**Student:** 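This PDB file has XL413 in it.
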Amino acid sequence: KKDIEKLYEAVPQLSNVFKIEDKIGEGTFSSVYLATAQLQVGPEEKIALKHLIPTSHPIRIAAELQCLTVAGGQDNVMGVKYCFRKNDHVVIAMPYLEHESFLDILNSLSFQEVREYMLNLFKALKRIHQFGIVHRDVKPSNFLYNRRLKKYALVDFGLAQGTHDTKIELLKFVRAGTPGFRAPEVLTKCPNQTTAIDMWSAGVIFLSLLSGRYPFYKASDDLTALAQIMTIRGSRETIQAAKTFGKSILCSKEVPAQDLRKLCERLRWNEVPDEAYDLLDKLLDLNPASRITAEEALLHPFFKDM
Amino acid sequence: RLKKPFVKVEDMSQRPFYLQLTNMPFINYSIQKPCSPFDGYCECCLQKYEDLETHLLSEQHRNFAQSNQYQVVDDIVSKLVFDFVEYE
Ligand SMILES: O=c1[nH]c([C@@H]2CCCN2)nc2c1oc1ccc(Cl)cc12
Ligand SMILES: [Zn+2]
């Protein structure tokens, strides 16, 4: 309420255009608000307004906008309608999509709905990865899901980096995500981090969906998450994989790799196919070179026929 | 020499970092669904701040905030189509 007032004051032009109703999201680097506006084309429309923290470097602001303009608005990737600026305050106006809380729907989705969710996530990931965008903060709060409408939008390019050959110019001139969704090569600070790190994240999401638990890896720092990952995927397996990316991991307590089906079943629909756990295993590959890509994921037997 | 349990991470070509907890993570199946089985700095002024509001109000920030450094942002904005109705 006081936040709404301060936003209007920071970007005065907003009061000419929007009736700002409520704050619908908040992260380290932004707050997202629900607002109403009148379209010239006729309809009134619900709008999401994303106020970026005024400490963002202009290049960071610009790179996020460029992701939205170039890659967004298609294939379950959020696009941008307009952008408002007064000085250091930038507000991105995007279409509003009404959406579920992940906690709410988690234990109430049918299995077919689990597979539709994952299929549609991989469509969004394939799209951004085609442009050489590494999202770096893929998690349920950044993947909008309208259960009723079966609509999906991947959001928030505010932590993105480019691949070596990225098609988003500003990304070459480039902030840490949630520990629980970060890949082993991320947690261990590998200098080379590719699109594979987002595929790991999608596997953590899939792990929550199959086990009925969220947040799966509940960790406030990177090494705690790594320790939790080792109890799932195995310490020896993690130590071996980390070598392939130039990291030496020592662990005092050896813990075995878990069977994924048994893990998810004990944590948690009557005949989940082997293909689901096989796909999970590929998503949670400890080696980022061998980890499945979004394009490969879409062709996985788990998704015949959709 | 490190008290157990620990995790240690080093780059294979050289500064180590560590984890030490009372207990290592343990997969808890008995905890009920949906609980986990395991249950600033300014980029503009290139400086860490004490308080956000007061840092924004500082002449260092105000100066950046009002410069031409957001040209790169306005350049993309100019390419977008304004399709809302605007009131006076
Ligand atoms: O970039 C976003 N981040 C977020 C969240 C909140 C701040 C951290 N990520 N939400 C949205 C974002 O864009 C949106 C567009 C429409 C709707 Cl309904 C929500 C969002
Ligand atoms: Zn500053």
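In what follows, every chain begins at residue 1, and chains take the letters A, B, ... in the order their sequences are listed. Hydrogens, waters and symmetry mates are skipped; everything else that's a heavy atom, side chains included, is used. We count ligands from 1, going down the list as the structure has it; atoms in each ligand are counted the same way.
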**Student:** Across the whole structure, where does one find XL413?
**Tutor:**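 Short answer: ligand 1.
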**Student:** What would the PDB entry call the macromolecule that lies against XL413 (ligand 1) with the most contacts here?
**Tutor:**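 It sits in most contact with Cell division cycle 7-related protein kinase.
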**Student:** Which other chains sit close to XL413 (ligand 1), with any heavy atom less than 4.0 Å away?
**Tutor:**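 Heavy-atom contacts come from A.
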**Student:** Near A/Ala48, which atoms of XL413 (ligand 1) are under 4.0 Å from a heavy atom of that residue?
**Tutor:**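 So the answer, numbered in order with elements, is 15 (C), 16 (C), 17 (C).
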**Student:** What part of A/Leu34, side chain from CB on, backbone N/CA/C/O, both or neither, has a heavy atom under 4.0 Å from XL413 (ligand 1)?
**Tutor:**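 It is neither part, as no heavy atom is under 4.0 Å.
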**Student:** Within the structure, does A/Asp156 bring an N/O atom to less than 3.5 angstrom of an N/O atom in XL413 (ligand 1)?
**Tutor:**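 In this structure, A/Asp156 places an N or O atom under 3.5 Å from an N or O of XL413 (ligand 1).
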**Student:** How close does the nearest protein non-hydrogen atom get to atom 9 (N) of XL413 (ligand 1), and which residue and atom is it?
**Tutor:**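 Protein heavy atom with the smallest distance to atom 9 (N) of XL413 (ligand 1): A/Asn142 OD1, 2.9 Å.
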**Student:** Which protein non-hydrogen atom lies closest to atom 13 (O) of XL413 (ligand 1), naming both residue and atom, and how far is it?
**Tutor:**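 The closest heavy atom on the protein side is A/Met94 CE, 3.3 Å.
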**Student:** I need the nearest protein heavy-atom contact for atom 12 (C) of XL413 (ligand 1): residue, atom name and distance, please.
**Tutor:**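 The closest heavy atom on the protein side is A/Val155 CB, 3.5 Å.
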**Student:** Going by the atom numbers of XL413 (ligand 1), which of them fall below 4.0 Å from some non-hydrogen atom of A/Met78?
**Tutor:**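 So the atoms of XL413 (ligand 1) that pass are 15 (C), 16 (C).
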**Student:** Hey, quick one: which UniProt domain of chain A is doing most of the touching with XL413 (ligand 1)?
**Tutor:**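 Per UniProt, it's Protein kinase.
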**Student:** Per the deposit, which organism was chain A derived from?
**Tutor:**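 The deposit names Homo sapiens.
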**Student:** Report the UniProt ATP binders of chain A that come within 4.0 Å of XL413 (ligand 1), using heavy atoms.
**Tutor:**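 Applying the heavy-atom cut-off to the UniProt set, I get A/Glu26, A/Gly27, A/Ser30, A/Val32, A/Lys50.
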**Student:** For atom 7 (C) of XL413 (ligand 1), what is the nearest protein heavy atom, given as residue, atom name and distance?
**Tutor:**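 Residue, atom and distance for the closest contact: A/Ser30 OG, 3.3 Å.
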**Student:** What UniProt active-site residue in chain A has a heavy atom closest to any heavy atom of XL413 (ligand 1), and what is that distance to 1 Å?
**Tutor:**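 Measured on heavy atoms, the closest UniProt active-site residue is A/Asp137, 6 Å.
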**Student:** With heavy atoms under 4.0 Å as the rule, classify the contact between A/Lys50 and XL413 (ligand 1) as side chain, backbone, both or neither.
**Tutor:**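 Answer for A/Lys50: side chain.
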**Student:** I'm curious which other ligands and ions end up under 4.0 Å from XL413 (ligand 1) - can you check?
**Tutor:**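 Within less than 4.0 Å, you get none.
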**Student:** Answer side chain, backbone, both or neither: which part of A/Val32 comes under 4.0 Å from XL413 (ligand 1), heavy atoms only.
**Tutor:**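 Side chain only.
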**Student:** What atoms of XL413 (ligand 1) come closer than 4.0 angstrom to any heavy atom of A/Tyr96?
**Tutor:**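 Every atom of XL413 (ligand 1) under 4.0 Å from some heavy atom of A/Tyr96: 18 (Cl).
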**Student:** Mind checking whether A/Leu144 contacts XL413 (ligand 1) via backbone (N, CA, C, O), side chain (CB onward), both or neither, at a 4.0 Å heavy-atom cut-off?
**Tutor:**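 Just the side chain.
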**Student:** Applying a 4.0 Å heavy-atom criterion (strictly less than), which segment of A/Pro95 is in contact with XL413 (ligand 1): side chain, backbone, both, or neither?
**Tutor:**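 Backbone only.
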**Student:** Heavy-atom contacts with A/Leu97 under 4.0 Å: which atoms of XL413 (ligand 1) show up? List them by number with element.
**Tutor:**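 Near A/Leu97, meaning under 4.0 Å from one of its heavy atoms, XL413 (ligand 1) has 18 (Cl).
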**Student:** In this structure, which residues build the binding site of XL413 (ligand 1) when a heavy-atom cut-off of 4.0 Å is applied?
**Tutor:**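 Heavy-atom neighbours of XL413 (ligand 1): A/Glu26, A/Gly27, A/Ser30, A/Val32, A/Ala48, A/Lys50, A/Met78, A/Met94, A/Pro95, A/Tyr96, A/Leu97, A/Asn142, A/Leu144, A/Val155, A/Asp156.
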**Student:** Polar pairs, XL413 (ligand 1) vs protein, N/O only, below 3.5 Å.
**Tutor:**
| residue | atom | partner | partner atom | Å |
| --- | --- | --- | --- | --- |
| XL413 (ligand 1) | 1 (O) | A/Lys50 | NZ | 2.7 |
| XL413 (ligand 1) | 1 (O) | A/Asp156 | N | 3.3 |
| XL413 (ligand 1) | 9 (N) | A/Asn142 | OD1 | 2.9 |
| XL413 (ligand 1) | 9 (N) | A/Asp156 | OD2 | 3.1 |

